[PDB]
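Carbonic anhydrase 4, liganded with acetazolamide.
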Amino acid sequence: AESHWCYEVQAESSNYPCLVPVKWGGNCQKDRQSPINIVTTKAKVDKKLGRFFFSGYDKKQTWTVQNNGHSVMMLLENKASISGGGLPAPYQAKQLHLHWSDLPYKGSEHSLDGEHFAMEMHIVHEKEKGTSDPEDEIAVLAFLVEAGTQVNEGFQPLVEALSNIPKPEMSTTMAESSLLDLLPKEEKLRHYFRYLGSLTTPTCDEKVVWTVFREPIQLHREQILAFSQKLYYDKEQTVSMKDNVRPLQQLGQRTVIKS
Ligand SMILES: CC(=O)Nc1nnc(S(N)(=O)=O)s1
Ligand SMILES: [Zn+2]
């Protein structure tokens, strides 16, 4: 490529040339890409999609959180894992990160029935393989975030940490907190959508089994704004981190199923 990959907002907000999403390389131009719009009434029920088992999600830890230049990322270091959820194996948690905007009607990568949410949180896990790379090497759990007036206390350790990592490659330690602190109530997580796709940043490898939960996380408008107010794409701090969102891709001949 002739320059570093970026999101559209970065190219629009700076005179420094970068490669916008439609121009991304790697596998980004192949035909099983993510994110997608989900028509919820067209997704077929698959009874084999049962409940998830979240392991290590309840435990209070002091997570390392970092600005990687295109998101904020918690390092999960195999300290959590998942099974069930119609998955073919257990998966080890690697990192958690987010995509957002600063307007309530956009910020998520996926849309449900043409509606974008204020943020989307991705928990990235790796497959525990056997002897028999695969289409489902990575399991990403996607949670949509709806802006409101409810202060989400569970999110405060993360939101407070943001002031400490404004620039790329900066890391800090979050106050004691659990992954469940960040999620909707567990019982609400029985309803989710499932399809096979890609990572949503270069090289956009087609190795992700996606889960998009129906239940949104409720976050106060100003907790969401704290992301774009405190974070930057560059050490120069010329472009606030927001609209770190890949445009919608075509489902093509794929099928979306639901629990
Ligand atoms: C470092 C790493 O895990 N790569 C990721 N790239 N895109 C991802 S996402 N947005 O689809 O969850 S994760
Ligand atoms: Zn992501």
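Along the sequence shown, residues are numbered consecutively beginning with 1. Hydrogens, waters and symmetry mates are skipped; everything else that's a heavy atom, side chains included, is used. Just so you know, ligand 1 is whichever comes first in the structure, and atom 1 is the first atom listed for that ligand.
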**Asked** In what form does the model contain acetazolamide: which ligands or which chains?
**Response** ligand 1
**Item:** UniProt Zn(2+)-binding residues of chain A, heavy atom under 4.0 Å from acetazolamide (ligand 1)
**Value:** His97, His99, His122
**Message:** Applying a heavy-atom cut-off of 4.0 Å, say which part of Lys94 lies close to acetazolamide (ligand 1): side chain, backbone, both or neither.
**Reply:** neither
**Message:** Heavy atoms only, cut-off 4.0 Å: how does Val140 contact acetazolamide (ligand 1), side chain, backbone, both, or neither?
**Reply:** side chain
**Message:** Counting non-hydrogen protein atoms only, what is the nearest one to atom 4 (N) of acetazolamide (ligand 1)? Give residue, atom name and distance.
**Reply:** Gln95 NE2, 4.2 Å
**Request:** State the UniProt domain of chain A containing the majority of residues contacting acetazolamide (ligand 1).
**Result:** Alpha-carbonic anhydrase
**Asked** Does the N or O separation between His97 and acetazolamide (ligand 1) drop below 3.5 Å for any pair?
**Response** yes
**Prompt:** Could you tell me which residues UniProt lists as binding substrate in chain A have a heavy atom under 4.0 Å from acetazolamide (ligand 1)?
**Reply:** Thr200, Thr201
**Prompt:** Starting from atom 8 (C) of acetazolamide (ligand 1), which protein heavy atom do you reach first, and at what distance in Å?
**Reply:** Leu199 CD2, 3.6 Å
**Item:** Numbering as shown, the atoms of acetazolamide (ligand 1) that approach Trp210 to under 4.0 Å (heavy-atom distance)
**Value:** 11 (O)
**Nearest neighbour in protein (non-hydrogen) for atom 11 (O) of acetazolamide (ligand 1)** = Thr200 N, 2.9 Å
**Side chain, backbone, both or neither: the part of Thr201 lying under 4.0 Å from acetazolamide (ligand 1) by heavy atom** = both
**Prompt:** Considering only heavy atoms, which residue marked active site by UniProt in chain A comes closest to acetazolamide (ligand 1), and how close, to 1 Å?
**Reply:** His70, 6 Å
**Asked** Which atoms of acetazolamide (ligand 1) sit under 4.0 Å from any heavy atom of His99?
**Response** 10 (N)
**Prompt:** Which organism does the PDB annotate as the origin of chain A?
**Reply:** Homo sapiens
**Message:** I'm curious which residues sit within 4.0 Å of acetazolamide (ligand 1), going by heavy atoms - can you tell me?
**Reply:** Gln95, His97, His99, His122, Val124, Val140, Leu199, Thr200, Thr201, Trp210
